[PDB]
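Heads up, this one has artesunate in it.
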There are 2 protein chains.
Amino acid sequence: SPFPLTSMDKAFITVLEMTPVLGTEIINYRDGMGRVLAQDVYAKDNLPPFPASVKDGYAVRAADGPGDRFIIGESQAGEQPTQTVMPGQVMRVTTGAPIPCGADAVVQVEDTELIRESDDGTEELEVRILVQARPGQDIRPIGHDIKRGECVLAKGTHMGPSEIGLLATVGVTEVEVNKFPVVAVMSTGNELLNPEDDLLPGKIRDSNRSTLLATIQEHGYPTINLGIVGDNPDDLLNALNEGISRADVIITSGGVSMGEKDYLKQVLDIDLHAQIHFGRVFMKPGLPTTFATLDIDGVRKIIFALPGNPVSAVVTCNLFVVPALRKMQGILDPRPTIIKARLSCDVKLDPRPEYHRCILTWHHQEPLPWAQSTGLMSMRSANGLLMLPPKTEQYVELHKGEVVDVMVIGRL
Amino acid sequence: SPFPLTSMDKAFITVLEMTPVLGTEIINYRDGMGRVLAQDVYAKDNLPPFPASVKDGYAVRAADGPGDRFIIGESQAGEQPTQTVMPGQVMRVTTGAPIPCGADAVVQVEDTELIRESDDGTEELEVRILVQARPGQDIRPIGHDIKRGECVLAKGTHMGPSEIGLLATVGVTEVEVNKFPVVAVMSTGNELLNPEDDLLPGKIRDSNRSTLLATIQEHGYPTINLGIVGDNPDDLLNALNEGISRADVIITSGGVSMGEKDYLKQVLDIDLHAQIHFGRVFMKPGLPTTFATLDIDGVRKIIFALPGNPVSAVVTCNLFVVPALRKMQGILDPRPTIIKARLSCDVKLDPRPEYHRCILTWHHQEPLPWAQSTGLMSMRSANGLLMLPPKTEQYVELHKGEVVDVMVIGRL
Ligand SMILES: C[C@H]1[C@H](OC(=O)CCC(=O)O)O[C@@H]2O[C@@]3(C)CC[C@H]4[C@H](C)CC[C@@H]1[C@@]24OO3
Ligand SMILES: C[C@H]1[C@H](OC(=O)CCC(=O)O)O[C@@H]2O[C@@]3(C)CC[C@H]4[C@H](C)CC[C@@H]1[C@@]24OO3
Ligand SMILES: Nc1ncnc2c1ncn2[C@@H]1O[C@H](COP(=O)(O)OP(=O)(O)O)[C@@H](O)[C@H]1O
Ligand SMILES: Nc1ncnc2c1ncn2[C@@H]1O[C@H](COP(=O)(O)OP(=O)(O)O)[C@@H](O)[C@H]1O
Ligand SMILES: [Ca+2]
Ligand SMILES: [Ca+2]
Ligand SMILES: [Cl-]
Ligand SMILES: [Cl-]
């Protein structure tokens with residue numbers, strides 16, 4: 001089988017439709033970066049749990065109005081006050097300290113003048129309140145920010161630092177989340193040497209394994225290095241079986257064209273009994289990209305057999321593998337972010353949709369970024385993939401300045 | 001000292017000007033994600049190191065033209081050929097295999113017809129070449145992609161997956177890079193409990209430590225958890241001394257206003273003998289944000305004393321701390337990426353420049369993203385910080401749809 005040419009849209013949709021969502025596990029909240037909640041999270045306490053001052057100043061009775069007041073004590077952060085403010089009295093407060101019984105407003109220190117103090121100046125005795133406070137001013141009532149019983153995070157939330165801080169706030173230190181996929185990577189070819197090797201006749205160094213592993217690691221997922229596998233079916237089958245045992249996802253590169261020494265598709269079908277959903281994609285680069293699933297004991301393994309050309313391998317990894325991994329780790333909409341950018345140079349269109357790494361840059365006050373195709377600008381890694389449309393009889397070329405879609409693949 | 005109000009621009013520039021660049025170390029290339037090269041990197045081999053076929057097909061003499069040819073053997077990937085192609089002969093080749101002596105072009109299999117084979121069909125014997133090849137066609141000459149002696153990566157390059165793959169390609173498996181900063185984080189306040197604690201009267205859980213540690217970890221830097229420190233100068237000094245010993249950067253939160261129990265600025269100046277460069281910033285939120293340096297034995301430590309309010313702490317961490325850490329790890333221009341976005345709702349301007357977390361979203365074919373201020377949209381973490389200008393007599397409010405600056409703080 002020279003597999004049918006699959007459209008890019010059909011290939012991508014097929015990857016997402018066929019990729020499973022992984023099961024769940026309980027983690028410590030500090031380990032939650034990039035995880036997706038598999039439970040709703042509720043507050044068991046009010047925040048604040050006591051009425052809390054917003055200001056350094058004095059807790060007062062608003063009904064007393066402005067005037068001169070006896071200071072009966074201080075409320076400091078972390079201590080519950082024991083005294084009750086009666087008419088004509090106030091209590092000093094600091095930001096975050098509890099409001100004492102009998103007070104209903106806070107007056108910030110700037111709206112006061114101190115009018116009696118102890119001889120040694122350490123104890124405030126009488127203060128002039130210069131304003132009419134409104135009841136409740138500069139107080140966070142109990143539960144103002146979070147109420148006991150409130151759902152503070154919904155299942156499906158993809159967590160970042162602020163969500164971790166919210167779990168800390170509410171004391172929910174263990175949470176149910178989707179698992180991350182474990183991703184195994186192998187390279188294929190009799191010509192490949194390890195990066196650590198000196199060259200030998202007829203040989204080159206394996207770069208795809210490093211590039212692909214780094215790409216997956218950049219997204220936070222655990223990886224397994226399956227090494228270099230020669231161009232023979234027995235070795236390929238054994239390496240695939242090891243990947244299936246050790247990982248949720250297997251990525252290979254090389255050996256997927258129709259060459260005399262290309263065995264991977266035959267091994268996947270006849271030996272592994274995997275279901276190849278597509279074996280060619282009408283895209284540039286990436287024609288021989290292959291995607292398969294394997295259902296064993298009610299678990300679905302997914303296999304990407306990427307082209308061997310290094311540029312093709314990293315482009316197809318970003319287009320197909322990353323969205324699948326995002327679905328596996330529970331992200332509800334796992335699709336890439338697409339930004340509109342201006343082409344930095346003219347480009348010829350191909351009958352196939354074309355993809356190329358680029359750098360996105362925003363310029364002073366200009367609203368749209370520019371996309372500069374790769375290959376001081378060299379100090380930056382690629383953070384985008386230009387997505388060029390197929391040529392038509394009408395449109396054969398795009399011009400500098402014209403707006404194109406760019407897929408985000410790195411931090412901007 | 002109620003410290004002077006420092007403009008945002010002066011505060012930010014001061015942080016970057018006063019922050020050092022860390023020294024260098026040698027790392028394994030697989031550990032290079034996010035590192036900055038401190039050396040130029042050179043290729044010691046050509047790529048390809050032999051003339052390499054781009055195609056499955058036949059190595060031919062272009063001068064023979066089209067016609068029927070004897071196939072004298074095969075060149076397979078990873079094997080140096082030993083035979084010389086003479087007039088009237090060709091050799092089978094596969095993609096990435098070396099071109100044999102005597103051949104000067106490759107004809108892809110699609111431009112041929114097989115016209116003699118062995119009885120068992122395993123050996124090709126004669127092929128009809130249907131095209132006139134151009135000399136050099138479908139061959140990558142030695143060094144076409146990389147030449148021995150070529151600088152392939154310059155010092156100052158901020159590495160991603162493709163740079164790691166390039167180090168693998170050229171066999172440079174150990175590289176000199178800038179160190180990453182080690183960042184210590186402490187929280188302050190007598191009211192704070194650990195996230196793991198049940199509440200006690202007058203107390204709340206410490207969230208800032210978790211949020212700040214997660215923010216720093218998201219950027220890839222090692223962290224040290226200095227815990228909760230009470231509101232007293234001895235304990236604050238001891239915790240700062242531990243941070244200085246263990247880390248390059250110390251982040252505190254809380255205790256930086258003028259309150260009765262706020263000691264940190266006094267401790268930094270009088271006890272630690274640090275140089276406080278600013279102690280207030282004209283910004284909303286973040287008024288009491290403080291930045292200090294401490295020079296010990298020719299090493300500069302940097303200290304950020306952030307406000308205690310949780311929103312203020314995470315906003316000021318993203319504005320001031322992250323750019324400093326990027327400078328420390330060697331990034332040449334460590335400043336944030338600013339994108340233009342449309343406001344999703346009307347906003348009132350303040351005399352101070354105002355900052356608020358938001359979510360940036362790109363809509364179908366609309367060129368500019370929308371910025372939706374925080375507090376299915378809830379499934380996403382904040383990836384931006386709205387940067388609102390100070391009000392003027394002319395401009396008091398911004399309206400839905402108007403374009404504003406947004407600082408990127410998360411993956412888009
Ligand atoms: C065909 C459409 C797909 O559409 C679906 O996947 C529908 C089923 C589903 O949403 O699961 O989305 C994708 O992702 C973005 C956000 C950009 C990237 C594009 C992919 C690179 C190609 C498929 C295309 C693509 O366009 O839009
Ligand atoms: C005042 C200018 C500063 O300008 C310098 O830092 C000049 C000295 C130097 O470049 O080192 O850059 C910054 O970073 C961006 C990219 C956006 C973020 C802004 C900061 C939030 C505030 C400072 C401002 C800022 O605007 O531009
Ligand atoms: N891991 C790798 N690192 C670098 N180059 C590779 C790697 N794997 C394959 N290549 C190169 O990519 C090209 C395409 O290889 P491949 O996809 O295996 O084609 P075929 O299936 O026809 O052998 C060849 O030049 C090959 O040497
Ligand atoms: N680590 C923290 N976690 C959550 N809230 C905090 C933290 N530190 C301080 N806060 C709260 O932030 C607010 C401001 O505190 P802070 O900056 O210490 O003010 P002051 O210096 O006046 O005591 C208070 O409500 C305080 O309880
Ligand atoms: Ca191969
Ligand atoms: Ca405090
Ligand atoms: Cl390809
Ligand atoms: Cl603040």
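Labels below follow one simple rule: chain letters A, B, ... track the order of the sequence lines, proteins then strands, and each chain is numbered from 1. One-based numbering, in listed order, for ligands and for the atoms of each. Recorded method is X-ray crystallography, 1.5 Å. These values consider heavy atoms only, across backbone and side chains, with no hydrogens, waters or symmetry-generated copies.
Across the structure, artesunate can be traced to ligands 1 and 2.
In the deposited model, most contacts to artesunate (ligand 2) involve the chain that the PDB entry calls Gephyrin.
Under a 4.0 Å heavy-atom cut-off, the other chains found next to artesunate (ligand 2) are B. Applying a cut-off of 4.0 Å to heavy atoms, one finds the binding site of artesunate (ligand 2) to be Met8(B), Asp9(B), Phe12(B), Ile13(B), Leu16(B), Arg335(B), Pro336(B), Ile338(B), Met387(B). The PDB entry names the source organism for chain B as Rattus norvegicus.
In terms of protein heavy atoms, atom 16 (C) of artesunate (ligand 2) is closest to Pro336(B) O, 3.5 Å. The nearest heavy-atom contact from the protein to atom 13 (C) of artesunate (ligand 2) is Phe12(B) CE2, 3.6 Å. The ligand atoms of artesunate (ligand 2) that sit less than 4.0 angstrom from a heavy atom of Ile338(B) are 17 (C). Of the protein's non-hydrogen atoms, the one nearest atom 14 (O) of artesunate (ligand 2) is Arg335(B) CD, 3.7 Å. When each atom of artesunate (ligand 2) is checked for a heavy atom of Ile13(B) under 4.0 Å away, the hits are 5 (C), 6 (O).
Distances below 4.0 Å separate heavy atoms of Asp9(B) from the following atoms of artesunate (ligand 2): 1 (C), 22 (C), 23 (C), 24 (C). Below 4.0 Å from artesunate (ligand 2) sit no other ligands or ions.
Distance from atom 11 (O) of artesunate (ligand 2) to its nearest protein heavy atom, with residue and atom name: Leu16(B) CD1, 4.0 Å.
For atom 21 (C) of artesunate (ligand 2), the nearest non-hydrogen atom of the protein is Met387(B) CE, 3.8 Å.
Distance screen at 4.0 Å: atom 26 (O) of artesunate (ligand 2) has no protein heavy-atom neighbour inside the cut-off.
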